[PDB]
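Check out this one - aztreonam (open form) stuck to Penicillin-binding protein PbpB.
Start at 1 with the first residue, then count along the sequence. When a ligand or atom number is given, it counts from 1 through the structure's own listing order. Atoms considered below: every heavy atom in the structure, side chains included; atoms not considered: hydrogens, waters and symmetry mates.
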Amino acid sequence: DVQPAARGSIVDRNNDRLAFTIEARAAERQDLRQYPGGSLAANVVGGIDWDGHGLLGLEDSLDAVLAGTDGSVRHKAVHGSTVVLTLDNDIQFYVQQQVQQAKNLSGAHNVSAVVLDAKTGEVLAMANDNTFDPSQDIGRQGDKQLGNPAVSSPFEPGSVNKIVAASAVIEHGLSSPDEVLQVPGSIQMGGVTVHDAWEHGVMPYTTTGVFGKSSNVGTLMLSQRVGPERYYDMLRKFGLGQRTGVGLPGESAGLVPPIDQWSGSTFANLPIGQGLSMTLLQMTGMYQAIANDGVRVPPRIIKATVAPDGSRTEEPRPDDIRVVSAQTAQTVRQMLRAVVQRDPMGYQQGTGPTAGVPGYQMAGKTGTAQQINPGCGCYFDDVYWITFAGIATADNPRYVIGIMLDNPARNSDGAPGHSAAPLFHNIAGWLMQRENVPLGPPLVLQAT
Ligand SMILES: *C(=O)[C@@H](NC(=O)/C(=N\OC(C)(C)C(=O)O)c1csc(N)n1)[C@H](C)NS(=O)(=O)O
Ligand SMILES: [Co+2]
Ligand SMILES: [Co+2]
Ligand SMILES: [Co+2]
């Protein structure tokens, strides 16, 4: 009497299957969900329940689309539609593996990474370490990561947030990349004392060098030209404090204190990435705006759905958001090339030279944010969130890559330090080679 609907599949942008159903027998008919890639993109895809409905992930949140509606006899069965993701399984597989060995090598508690298409903001890869296997019973996997931290778990960004100050000061014509500044080792601002991460007297850092060397003091001096109102407006245009609408369950909105509630010291903290929180996806989406010539396109992971007849409907594209002009975006991209620039004499070296890939205009920004100690409500001394966000490449943006490491003891490649730059190096370099992308003078970070 009951006419069962057949569950739809979940496939990547090229129709490579991530989840699909086969008929079997036991209540005799029994549909078996198949995950041919095992843990591959399981943070996104999710898993199935005993009744063949979604248990978590997209299997759950899109269950109505995937499950259809059982018929009867007449009411015809509406079979489940197929969900086409923006993911590229080849990119996802490489990124997910690289994230696992970044976690193992660095000693971090966890690692995650997001790759966006520069122009469209589509999610090409989204991965975390320790990803569970939905072909196995969830109850045996308490030691696994079952969720999707890239969207669910916000963090204080620290210096990766400096993209906002850089964009604001250029967009309003308050500085230029080659302006020679005078940057002291510390300043008193908003009642508090801000110090750079290295001891130094007044240094002739250029604006480029302020972001290339990650001078907090230089960032706040330039932010003082912008002012609180224009700065807060730029934060909002970059999408912070708001869910992206990416189409994934459990997305956090992050947290940004609205300006009418700022303390006297908020403005001394936000421009260097303290006092607010964002997800990895939000962080990566910020750099997508700059990659796409100033136009932020909210990321999406659902590309299309295919009805049981086989007719395909593309997902509606989100509306453009103009953050800065194309000219500003191009200037900020070029400036952030300084971060990955190497200099044997030290003087013109950025914070992340291992992120550079020779032959390509890689551009990005490092972050090292002190974590809050839950036992005191106060900052740890030696526990960090490490971030990197970059663009491949500055002259031809194709890929935007965001990475976060939860308190690594070492570099992402296992060398001493605390940097995610090597993981960006590996991923961005591999993306260039696999598409056979073809290969000026050194940027000045420090004047006389
Ligand atoms: C930016 O990320 C900048 N980091 C900081 O100023 C912060 N902490 O710096 C260290 C780790 C030196 C500290 O112990 O204070 C910071 C900002 S918000 C937060 N919770 N901590 C660094 C120096 N820039 S980077 O490019 O070198 O990463
Ligand atoms: Co009827
Ligand atoms: Co150390
Ligand atoms: Co290499």
Query raised in the report: In what form does the model contain aztreonam (open form): which ligands or which chains?
Result: ligand 1
Requested in this report: Starting from atom 26 (O) of aztreonam (open form, ligand 1), locate the nearest protein heavy atom and write down its residue, its atom name and how far away it is, to 0.1 Å.
Outcome: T366 OG1, 2.6 Å
Query raised in the report: At a 4.0 Å threshold, what atoms of aztreonam (open form, ligand 1) neighbour a non-hydrogen atom of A197?
Result: 12 (C), 23 (C)
Query raised in the report: Under 4.0 Å from aztreonam (open form, ligand 1), counting heavy atoms only, is it the side chain of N216, its backbone, both or neither?
Result: side chain
**Report entry** Within reach of aztreonam (open form, ligand 1), part of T351 (heavy-atom separation under 4.0 Å)
**Finding:** side chain
Query raised in the report: Short list, please: which atoms of aztreonam (open form, ligand 1) are under 4.0 Å from a heavy atom of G367?
Result: 2 (O), 28 (O)
Query raised in the report: Of the protein's non-hydrogen atoms, which lies at the shortest distance from atom 18 (S) of aztreonam (open form, ligand 1), and what is that distance?
Result: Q274 CB, 3.6 Å
Query raised in the report: Which chain residue and atom does the covalent tether of aztreonam (open form, ligand 1) reach, if any?
Result: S159 OG
Report task. Distance to 0.1 Å, residue and atom name: give those for the protein heavy atom nearest to atom 19 (C) of aztreonam (open form, ligand 1). Result -> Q370 N, 3.3 Å
Query raised in the report: For atom 3 (C) of aztreonam (open form, ligand 1), what is the nearest protein heavy atom, given as residue, atom name and distance?
Result: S159 OG, 2.6 Å
Query raised in the report: When you measure from atom 4 (N) of aztreonam (open form, ligand 1) to every protein heavy atom, which one gives the shortest distance, and what is it?
Result: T368 O, 2.9 Å
Query raised in the report: Are any other ligands or ions in the structure closer to aztreonam (open form, ligand 1) than 4.0 Å?
Result: none
**Report entry** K365 contact mode with aztreonam (open form, ligand 1) (heavy-atom cut-off under 4.0 Å)
**Finding:** side chain
Report task. Give, by chain and number, every residue with a heavy atom within 4.0 Å of aztreonam (open form, ligand 1). Result -> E156, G158, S159, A197, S214, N216, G273, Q274, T351, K365, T366, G367, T368, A369, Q370, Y379, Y384
Once you restrict both partners to nitrogen or oxygen, which atoms of aztreonam (open form, ligand 1) have a protein partner under 3.5 Å, and how far apart are they?
from	atom 1	to	atom 2	distance (Å)
aztreonam (open form, ligand 1)	2 (O)	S159	N	2.7
aztreonam (open form, ligand 1)	2 (O)	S159	OG	2.3
aztreonam (open form, ligand 1)	2 (O)	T368	N	3.0
aztreonam (open form, ligand 1)	2 (O)	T368	O	3.4
aztreonam (open form, ligand 1)	4 (N)	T368	O	2.9
aztreonam (open form, ligand 1)	6 (O)	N216	ND2	2.5
aztreonam (open form, ligand 1)	8 (N)	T368	O	3.4
aztreonam (open form, ligand 1)	14 (O)	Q370	OE1	3.0
aztreonam (open form, ligand 1)	20 (N)	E156	OE1	3.1
aztreonam (open form, ligand 1)	20 (N)	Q370	N	3.2
aztreonam (open form, ligand 1)	20 (N)	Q370	O	2.8
aztreonam (open form, ligand 1)	21 (N)	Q370	N	2.9
aztreonam (open form, ligand 1)	24 (N)	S159	OG	3.0
aztreonam (open form, ligand 1)	24 (N)	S214	OG	2.9
aztreonam (open form, ligand 1)	26 (O)	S214	OG	3.1
aztreonam (open form, ligand 1)	26 (O)	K365	NZ	2.9
aztreonam (open form, ligand 1)	26 (O)	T366	O	3.4
aztreonam (open form, ligand 1)	26 (O)	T366	OG1	2.6
aztreonam (open form, ligand 1)	28 (O)	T368	N	3.2
aztreonam (open form, ligand 1)	28 (O)	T368	OG1	3.1

